[PDB]
*Asks:* 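Following up with a structure containing adefovir.
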Protein chains: 4
Amino acid sequence: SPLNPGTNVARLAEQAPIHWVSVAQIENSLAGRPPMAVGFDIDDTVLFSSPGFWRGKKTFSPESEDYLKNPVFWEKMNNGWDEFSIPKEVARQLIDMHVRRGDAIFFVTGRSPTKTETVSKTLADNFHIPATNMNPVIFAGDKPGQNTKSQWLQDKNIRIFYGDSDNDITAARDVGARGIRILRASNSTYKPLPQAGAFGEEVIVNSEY
Amino acid sequence: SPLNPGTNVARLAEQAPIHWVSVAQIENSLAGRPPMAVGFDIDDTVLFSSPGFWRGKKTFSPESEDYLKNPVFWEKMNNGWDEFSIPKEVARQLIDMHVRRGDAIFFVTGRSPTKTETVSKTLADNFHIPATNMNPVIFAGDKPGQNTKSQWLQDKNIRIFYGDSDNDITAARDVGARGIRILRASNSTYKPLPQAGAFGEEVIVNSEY
Amino acid sequence: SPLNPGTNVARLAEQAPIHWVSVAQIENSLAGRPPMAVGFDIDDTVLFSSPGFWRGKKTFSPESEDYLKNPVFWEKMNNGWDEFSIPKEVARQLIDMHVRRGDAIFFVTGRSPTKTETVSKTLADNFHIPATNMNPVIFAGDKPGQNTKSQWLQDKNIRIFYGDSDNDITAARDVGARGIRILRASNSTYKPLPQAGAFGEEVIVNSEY
Amino acid sequence: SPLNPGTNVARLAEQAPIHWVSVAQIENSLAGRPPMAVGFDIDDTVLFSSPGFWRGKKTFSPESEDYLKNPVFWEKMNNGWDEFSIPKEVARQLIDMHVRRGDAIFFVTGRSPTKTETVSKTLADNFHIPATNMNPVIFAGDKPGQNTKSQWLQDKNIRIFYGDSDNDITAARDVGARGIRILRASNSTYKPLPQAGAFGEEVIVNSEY
Ligand SMILES: Nc1ncnc2c1ncn2CCOCP(=O)(O)O
Ligand SMILES: Nc1ncnc2c1ncn2CCOCP(=O)(O)O
Ligand SMILES: Nc1ncnc2c1ncn2CCOCP(=O)(O)O
Ligand SMILES: Nc1ncnc2c1ncn2CCOCP(=O)(O)O
Ligand SMILES: [Mg+2]
Ligand SMILES: [Mg+2]
Ligand SMILES: [Mg+2]
Ligand SMILES: [Mg+2]
């Protein structure tokens with residue numbers, strides 16, 4: 001790359017044509033709507049969980065992605081490594097707003113199912129989710145060639161789904177639900193970063209933290 | 001204002017919650033829709049006309065805004081000083097797009113009316129608007145015998161109005177047309193700059209030039 | 001281009017490695033330095049003069065760049081079309097600061113020399129430059145294959161030179177002077193926009209207006 | 001905080017007056033310079049270590065900062081919780097660059113000292129630092145028998161110190177070393193984010209990851 005690439009003011013001002021929204025704008029768009037089911041992706045949507053994925057990679061498959069298909073990894077990831085996962089502020093704000101609305105709150109994750117899991121407790125605890133709004137996390141798993149989330153959004157009648165991945169947005173689209181994008185943080189170990197806004201979907205401002 | 005204020009990455013990544021759109025997105029939204037009337041504000045929407053307004057302020061009221069109520073100024077402004085106005089590329093793109101659709105093109109200005117005007121010719125020439133799509137500039141306002149921007153949009157069944165000022169957006173909203181915002185350039189002499197998107201309207205990307 | 005290109009937060013936060021400065025920072029870096037000669041480029045540095053260049057193009061060579069070698073154009077451009085040129089705020093601030101310092105102020109322009117010129121008066125007037133700091137504009141002209149400015153920076157012992165063009169910065173470099181970049185506005189008819197910072201030079205923040 | 005705040009192009013193009021640099025620019029500045037001692041702060045400079053700090057706050061002082069004065073926390077933090085810390089790519093690039101130069105690599109941390117520490121191994125492993133360039137982590141501070149970050153930089157003749165906090169920059173400045181700033185990530189639990197560039201120091205581009 002050039003040592004001194006420079007810039008110009010067209011470039012400095014240039015905006016991607018993205019429908020950006022705030023939590024306040026979402027809440028307003030739902031004003032007077034009665035309680036409904038809504039859902040959240042977990043990783044890079046409500047939890048910065050890269051710490052535990054990074055430990056798993058290093059412990060179980062330093063050269064490859066094999067750790068993500070290792071049951072010994074998932075058993076660690078789902079039963080205590082989320083103690084090191086950093087809650088996202090956008091998620092605190094979204095979840096408070098949905099509890100305010102009286103909405104049923106679901107978490108739908110591509111993480112693999114394990115014998116036991118403490119993830120539901122970590123989420124209920126960290127985000128102050130009352131018993132009545134909280135539901136046990138759905139571990140839909142990862143199966144290339146299939147969006148494992150879509151069936152679950154349909155089964156739970158989820159009408160809004162938040163996620164950082166293209167699969168989160170298209171799971172919502174698959175069922176006619178409203179898909180809303182959260183920015184994956186740039187220090188996530190899950191790379192490349194997705195193209196937020198790539199489906200014409202809403203993207204929440206400042207949602208990387 | 002510290003000499004060395006510094007910054008941080010939250011501020012660097014910070015986005016206003018704005019519904020940004022492109023010309024391509026607007027065109028996409030109109031696919032299959034029959035020819036219709038569309039409208040443009042003039043100043044800082046299709047022409048950077050500050051050069052003529054700057055000269056008029058210096059010439060007719062260097063220490064006030066009285067030049068804007070001075071018939072002598074308007075006669076100059078509407079009969080040749082737009083030879084120094086700079087066409088905005090966002091407008092070239094939109095007018096080409098609407099002409100290709102077979103839309104009727106209208107211009108609705110709050111400039112004071114004059115005995116003669118050469119602004120219609122300047123616009124048809126600069127923007128290569130065919131005679132069949134072109135319409136004489138409409139001078140809207142609140143002087144006796146005039147109609148407001150709103151009433152003209154209603155009269156001409158204008159379905160989409162493009163403008164840089166709050167009043168262009170509200171004019172369209174008042175009659176249920178689609179108000180679409182264009183950025184006023186930072187070097188405009190019409191200050192302060194409006195808050196594009198202040199009504200949750202669509203704002204065109206990169207529309208300051 | 002894709003209809004919905006999207007973005008990510010690495011891209012949103014990404015900064016070119018540019019030495020950005022404020023007028024306050026420049027003034028501080030010169031604190032206690034005795035009066036010296038400094039110089040300014042005119043076009044897109046102190047004056048948004050695109051109005052007159054745009055009129056010249058349209059009047060004299062709508063299909064080409066031939067107007068810039070037409071003496072009939074320069075005679076118009078240098079004797080009254082700068083009445084439509086919009087002073088830049090960065091230049092008001094820079095020039096006030098240099099007058100404060102007791103600096104000798106020069107304007108060095110690639111515009112062609114004419115029989116008479118009112119540009120010096122326009123500049124002295126618009127920027128409130130006292131007789132003692134003001135010097136007549138130097139019309140160095142345009143001669144491909146030669147930086148016509150460098151000899152003049154040498155002759156006048158100019159120690160700091162402000163400009164939007166690569167030739168302004170390298171004229172300063174040619175003579176060991178401090179070259180400082182001003183952003184060309186995105187609505188200028190002089191395109192493409194230069195790569196500000198391309199020589200490792202300082203670039204003044206917000207200098208497009 | 002309006003629901004729909006909008007924006008304008010002055011704000012969109014606005015740049016803080018910061019001396020931004022790249023790794024390539026830093027390396028260029030060191031061309032021909034013999035091997036030397038360089039230094040790195042640890043937390044939010046070379047490691048995103050918030051995961052361990054977040055767990056310690058929840059574990060040892062959920063409602064205060066007392067965990068930072070709790071020997072039990074530090075013993076955990078310095079003896080394994082950095083397996084969940086995420087290496088910053090800006091640090092990989094700088095350490096590789098300095099190692100290739102044959103520079104001595106130092107780490108100077110304000111973390112509390114412990115009986116044993118495994119952080120040196122974590123850093124040498126994660127960053128592939130050869131034994132000949134690696135040095136045991138230095139724990140600096142103001143406890144009896146300790147020396148400050150400044151005194152250690154002086155002691156080890158560290159010529160360049162990289163850090164995210166104000167105190168890293170001032171430490172280097174105090175002894176006449178080159179203080180270079182790295183952006184603290186927005187999802188760090190160490191808040192508020194510092195104003196990188198607050199002392200007119202160089203700030204590395206894109207250094208939040
Ligand atoms: N490196 C990672 N950091 C955080 N989360 C991760 C990482 N790698 C994989 N994941 C999980 C992504 O979620 C799977 P889903 O999108 O199907 O729910
Ligand atoms: N500086 C200016 N002050 C007031 N009006 C101005 C100025 N520059 C241009 N204009 C015209 C704005 O258009 C009026 P409209 O928005 O009613 O069409
Ligand atoms: N379109 C233009 N707008 C403003 N200034 C212009 C334009 N075209 C040419 N110029 C003059 C550029 O200055 C020549 P210099 O950089 O040698 O001083
Ligand atoms: N949340 C935190 N509060 C205080 N210190 C913290 C926190 N997270 C990480 N750290 C360590 C910062 O390093 C201390 P140093 O800058 O003296 O090396
Ligand atoms: Mg995810
Ligand atoms: Mg207007
Ligand atoms: Mg110039
Ligand atoms: Mg630190």
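In what follows, chains carry the letters A, B, and so on, assigned in the order in which the sequence lines appear, proteins first and then strands, with residues in each chain numbered from 1. Atoms within a ligand are numbered from 1 in the order they appear, just like the ligands themselves. Per deposition record, X-ray crystallography, 2.0 Å. All values below were derived from every heavy atom in this structure, side-chain atoms included, with hydrogens, water molecules and symmetry-related copies excluded.
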*Asks:* For adefovir, which ligands or chains should I point to, including every copy?
*Replies:* ligands 1, 2, 3 and 4
*Asks:* Could you tell me the main partner of adefovir (ligand 2) here, using whatever name UniProt has for it?
*Replies:* Class B acid phosphatase
*Asks:* Which other chains have one or more heavy atoms under 4.0 Å from any atom of adefovir (ligand 2)?
*Replies:* B
*Asks:* What protein heavy atom sits nearest atom 2 (C) of adefovir (ligand 2), and how far away is it?
*Replies:* B:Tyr190 CD1, 3.4 Å
*Asks:* Can you list the atoms of adefovir (ligand 2) that are under 4.0 Å from a heavy atom of B:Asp43?
*Replies:* 11 (C), 13 (O)
*Asks:* Which UniProt-annotated Mg(2+)-binding residues in chain B have heavy atoms closer to adefovir (ligand 2) than 4.0 Å?
*Replies:* B:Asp41, B:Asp43
*Asks:* Checking the N or O distance criterion of under 3.5 Å, is adefovir (ligand 2) in contact with B:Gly110?
*Replies:* yes
*Asks:* For B:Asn167, counting its heavy atoms only, list the atoms of adefovir (ligand 2) lying under 4.0 Å from any of them.
*Replies:* 16 (O)
*Asks:* Side chain, backbone, both or neither: which part of B:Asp44 comes within less than 4.0 Å of adefovir (ligand 2) when only heavy atoms are counted?
*Replies:* neither
*Asks:* List the closest UniProt active-site residue of chain B to adefovir (ligand 2) along with its heavy-atom distance to the nearest 1 Å.
*Replies:* B:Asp41, 3 Å
*Asks:* At a 4.0 Å threshold, what atoms of adefovir (ligand 2) neighbour a non-hydrogen atom of B:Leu68?
*Replies:* 3 (N), 4 (C)
*Asks:* Of the residues in chain B that UniProt says bind substrate, which have any non-hydrogen atom under 4.0 Å from adefovir (ligand 2)?
*Replies:* B:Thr109, B:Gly110, B:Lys149
*Asks:* Using a strict cut-off of 4.0 Å, indicate which atoms of adefovir (ligand 2) neighbour a heavy atom of B:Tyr67.
*Replies:* 1 (N), 2 (C)
*Asks:* State whether the shortest distance between N or O atoms of B:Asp41 and N or O atoms of adefovir (ligand 2) falls below 3.5 angstrom.
*Replies:* yes
*Asks:* Hey, does B:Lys149 sit under 4.0 Å from adefovir (ligand 2) if you only count heavy atoms?
*Replies:* yes
*Asks:* Which residues count as the binding site of adefovir (ligand 2) under a heavy-atom cut-off of 4.0 Å?
*Replies:* B:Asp41, B:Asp43, B:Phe53, B:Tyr67, B:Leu68, B:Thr109, B:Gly110, B:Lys149, B:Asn167, B:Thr189, B:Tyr190
